[PDB]
Amino acid sequence: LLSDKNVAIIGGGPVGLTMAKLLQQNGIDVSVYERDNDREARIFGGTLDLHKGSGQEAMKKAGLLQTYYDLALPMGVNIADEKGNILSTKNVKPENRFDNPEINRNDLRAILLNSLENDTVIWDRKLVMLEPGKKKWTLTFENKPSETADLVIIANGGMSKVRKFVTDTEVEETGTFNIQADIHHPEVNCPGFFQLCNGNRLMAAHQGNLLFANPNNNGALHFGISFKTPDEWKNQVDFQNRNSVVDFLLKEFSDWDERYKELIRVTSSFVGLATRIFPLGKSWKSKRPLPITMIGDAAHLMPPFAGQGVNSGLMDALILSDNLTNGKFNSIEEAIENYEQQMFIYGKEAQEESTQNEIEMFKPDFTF
Ligand SMILES: Cc1cc2c(cc1C)N(C[C@H](O)[C@H](O)[C@H](O)COP(=O)(O)OP(=O)(O)OC[C@H]1O[C@@H](n3cnc4c(N)ncnc43)[C@H](O)[C@@H]1O)c1[nH]c(=O)[nH]c(=O)c1N2
Ligand SMILES: CCCCCNC(=N)N/N=C/c1c[nH]c2ccc(OC)cc12
């Protein structure tokens with residue numbers, strides 16, 4: 001199918017890099033175009049864990065499952081209330097230690113980058129436009145020379161603006177909002193909350209405000225505070241202004257234990273982000289001018305609160321890469337169609353669980 005042809009993957013996130021590995025290890029000529037300036041760019045966010053049957057199956061097929069295991073950390077979960085009482089402690093039993101250990105996102109990028117041949121990823125390449133030719137796409141990048149490919153795979157995340165050859169679907173806001181931050185040396189800077197986590201991830205919910213924390217993301221504490229988007233914000237917190245963010249959060253958390261307030265007070269900077277979804281519904285465009293598809297969040301971005309996210313994208317890469325290389329399809333288009341039909345099933349399943357969970361967890365009286 002791909003002999004004497006080449007593949008362009010747009011985006012070097014965990015899904016795109018996994019895509020590249022699974023193609024390249026079957027002898028496919030594939031490049032990844034990534035907007036990040038270079039591989040040393042820090043990725044902001046919590047940890048990821050990979051699941052048996054999906055994310056771990058993609059690593060296994062790439063020969064990287066042990067590498068993931070060696071850099072990942074099994075973590076228990078504590079459920080606390082707003083007063084700081086631990087309502088539930090579930091540690092990881094040894095027989096479950098491979099189920100879904102947490103890995104830092106930069107560590108995961110490094111594993112995948114190290115598995116690829118040199119110069120597979122072309123850095124500082126922000127795709128802005130695609131144009132189909134007779135047999136090859138032309139790729140236009142921001143202030144860089146163009147490239148061509150027989151097959152384009154869109155893998156550049158939930159806010160991709162290069163989707164229109166595949167679908168007219170637009171991303172949507174779901175109505176919840178997320179504030180995220182890191183605390184370095186949390187054992188010094190938020191000792192009370194750090195000891196509350198006690199090596200476990202911690203979650204707590206009270207009157208429509210949700211808090212989730214990881215006390216040990218490669219030595220830092222990552223936490224997220226989520227809530228229904230305030231109506232006053234429709235169409236007011238400047239997240240560049242930590243003093244404005246601290247003031248808002250301290251009002252929201254006014255009846256939470258001081259160990260939670262300390263987290264807010266000592267945070268150096270905050271990142272805010274509306275929850276969004278790229279909804280799978282009616283089929284994507286049929287009879288596209290040249291072969292093109294999408295994987296990962298570009299295909300099915302969904303709320304993250306129940307753990308859906310990267311694993312459905314890693315499934316995409318596993319399925320699409322097998323269809324493109326197993327010699328069973330008469331054309332790249334047919335291989336793509338088969339992947340998309342499968343992804344519509346498990347992707348819709350995951351989106352409905354994520355949306356249902358979001359409705360439930362943000363009811364004003366929810367508790368874990
Ligand atoms: C607050 C919060 C919390 C979580 C999560 C989301 C959010 C918002 N998720 C979701 C999860 O992290 C997500 O599913 C994966 O990052 C998807 O990876 P992708 O590679 O598809 O896109 P991702 O967005 O990770 O990567 C896209 C890549 O494309 C690049 N790019 C963008 N535009 C480009 C362009 N024009 N040209 C070239 N490159 C371009 C970007 O720089 C980036 O490297 C999650 N999931 C999970 O499984 N477990 C979890 O715990 C969480 N937690
Ligand atoms: C299925 C195994 C778990 C993997 C990831 N699992 C997860 N739960 N990722 N969560 C992200 C998140 C962002 N903001 C929040 C606010 C509240 C909250 O409560 C759980 C969670 C979040």
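Residue numbers count from 1 along this sequence. The way this entry was determined, per its header, is X-ray crystallography, 1.9 Å. We count ligands from 1, going down the list as the structure has it; atoms in each ligand are counted the same way. Values below: all heavy atoms of this structure, side chains included; hydrogens, waters and symmetry mates excluded.
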I'm looking at ligand 2, any idea what drug that is? tegaserod
Inset, instruction - Give the name, as used in the PDB entry, of the chain with the most heavy-atom contacts to tegaserod. - result: Flavin-dependent monooxygenase
So which protein heavy atom does atom 4 (C) of tegaserod come closest to, and at what separation?
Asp49 OD2, 2.9 Å
As an exercise, identify every atom of tegaserod less than 4.0 angstrom from a heavy atom of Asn100. 2 (C)
Mark the output for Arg201 as yes if a heavy-atom distance to tegaserod is under 4.0 Å, and as no if none is. yes
Minimum-distance protein heavy atom relative to atom 18 (C) of tegaserod:
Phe212 CB, 3.5 Å
- Kindly identify the option in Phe177, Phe305, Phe368 whose heavy atom sits closest to atom 15 (C) of tegaserod. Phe305
- Message: As an exercise, identify every atom of tegaserod less than 4.0 angstrom from a heavy atom of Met203.
- Response: 20 (C)
Exercise. What atoms of tegaserod come within less than 4.0 Å of a heavy atom belonging to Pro304?
Worked result: 7 (C), 9 (N), 10 (N), 11 (C)
Handout entry: Residue, atom name and distance, where the atom is the protein heavy atom closest to atom 6 (N) of tegaserod
Key = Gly307 CA, 3.5 Å
Original post:
Between the candidates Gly224, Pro303, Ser226, which shows the shortest non-hydrogen contact distance to atom 14 (N) of tegaserod?
Top reply: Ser226
Which residues define the site around tegaserod at a heavy-atom cut-off of 4.0 Å?
-> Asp49, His51, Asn100, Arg201, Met203, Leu210, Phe212, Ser226, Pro304, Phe305, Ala306, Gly307, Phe368
